[PDB]
Amino acid sequence: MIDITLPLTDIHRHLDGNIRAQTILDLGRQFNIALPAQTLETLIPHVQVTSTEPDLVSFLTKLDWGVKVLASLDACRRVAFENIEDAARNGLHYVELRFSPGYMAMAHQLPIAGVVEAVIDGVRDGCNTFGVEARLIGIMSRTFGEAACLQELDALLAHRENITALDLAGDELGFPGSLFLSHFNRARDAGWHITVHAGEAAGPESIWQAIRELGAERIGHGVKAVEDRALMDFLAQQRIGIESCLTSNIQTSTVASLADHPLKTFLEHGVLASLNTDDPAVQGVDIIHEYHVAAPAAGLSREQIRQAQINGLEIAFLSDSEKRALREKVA
Ligand SMILES: OC[C@H]1O[C@@H](n2cnc3c2N=CNC[C@H]3O)C[C@@H]1O
Ligand SMILES: [Ca+2]
Ligand SMILES: [Ca+2]
Ligand SMILES: [Zn+2]
């Protein structure tokens, strides 16, 4: 169940992996961009996983059409606004929206810092309209190499007072986290919080690298952490959050079945693991499905599902006052 007396969060949620299919059609028409399909029914298999993808890199290609229609900064503002609307429609009280401004800007060569500003604007408008609380996480898309990631870093730094955290996402095996030592040194000097996609396609060594070298306070996925008990202990003792995305892990073939997902194991070891969506539009599911379908299939008890719900706020990049206000309201 979702406990309606506790805040509902989603802290691993890619804005640019959540571009509505109707919005892809609308923007393609507005900009006269040729699309692979002309109706929702025929567009879906090009923009959404229909069963599973064979690996992480294949899954990543499903986001491409959404960002290929972003031909202006106003289009970026629209998708940011619609992302807050989607969060509101799912009963979320608090979201952290992560986005790769370089990935969003790539197709039409938009100014990368302008994409950051447009996302900030659209999220501000959406929060004002719907009342969802939100913070922004900038992503460096490792897939495009260290120099492209520096361009994204510079764009986010030009808006650093509006960005709460930095993340590394994309092709984990092709671009190990060790390559981004300098990018994260600069992020920590800027005072940003740190999360890192790690231990999804690669092993526990990638998680250790994210913690010890990149300064990660949370780990995106971290599925392979169960292979190292010392790592499990370190996560629990140091209160390093785990951002679990059950359906995503099925759809990237990171786990073959939810019955073998490590989320239950994390919670039994005292790790602050939370339930999240990842890429709602691409996956065809949102947070309600993760709680009511994916989490029971992953073997979690009712109490464990509640603990994951609590952990999402506990690991949020929010002040004690902000966390208290959300808890006091919903109680
Ligand atoms: O926000 C868009 C960026 O994030 C990547 N990205 C989007 N969803 C995921 C990503 N990366 C790694 N693991 C799978 C899943 O969690 C794609 C793009 O670079
Ligand atoms: Ca509110
Ligand atoms: Ca009280
Ligand atoms: Zn992700």
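Along the sequence shown, the residues carry numbers beginning at 1. Order of appearance sets the numbers: ligands from 1, and atoms from 1 within every ligand.
Among pentostatin, phencyclidine, nomifensine, melatonin, fadrozole, the compound found at ligand 1 is pentostatin.
Counting heavy-atom pairs under 4.5 Å, the chain with the most contacts to pentostatin is listed in UniProt as Adenosine deaminase. Other-chain residues and nucleotides with a heavy atom under 4.0 Å from pentostatin are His12, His14, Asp16, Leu56, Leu60, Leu63, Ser100, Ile139, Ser141, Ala169, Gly170, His197, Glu200, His221, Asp278, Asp279.
Remark: pentostatin and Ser141 share an N or O pair separated by less than 3.5 Å (distance only, no angle test). Of the UniProt active-site residues in chain A, the closest to pentostatin by non-hydrogen distance (1 Å) is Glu200, 3 Å.
Other ligands and ions closer than 4.0 Å to pentostatin, given by number and name, are ligand 4 (zinc ion). Both criteria (UniProt substrate-binding in chain A; heavy atom under 4.0 Å from pentostatin) are met by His14, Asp16, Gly170, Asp279. Residue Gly170 has at least one nitrogen or oxygen atom sitting less than 3.5 Å from a nitrogen or oxygen atom of pentostatin, judged on distance alone.
Every N/O-N/O distance between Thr143 and pentostatin stays at or above 3.5 Å.
The overlap between the UniProt pentostatin-binding residues of chain A and the residues with a heavy atom under 4.0 Å from pentostatin is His14, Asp16, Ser141, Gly170, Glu200, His221, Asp278. Between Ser248 and pentostatin, not a single N/O pair is under 3.5 Å apart. Residue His221 has at least one N or O atom closer than 3.5 Å to an N or O atom of pentostatin.
For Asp279, a nitrogen or oxygen atom sits less than 3.5 Å from a nitrogen or oxygen atom of pentostatin, counting backbone and side chain alike.
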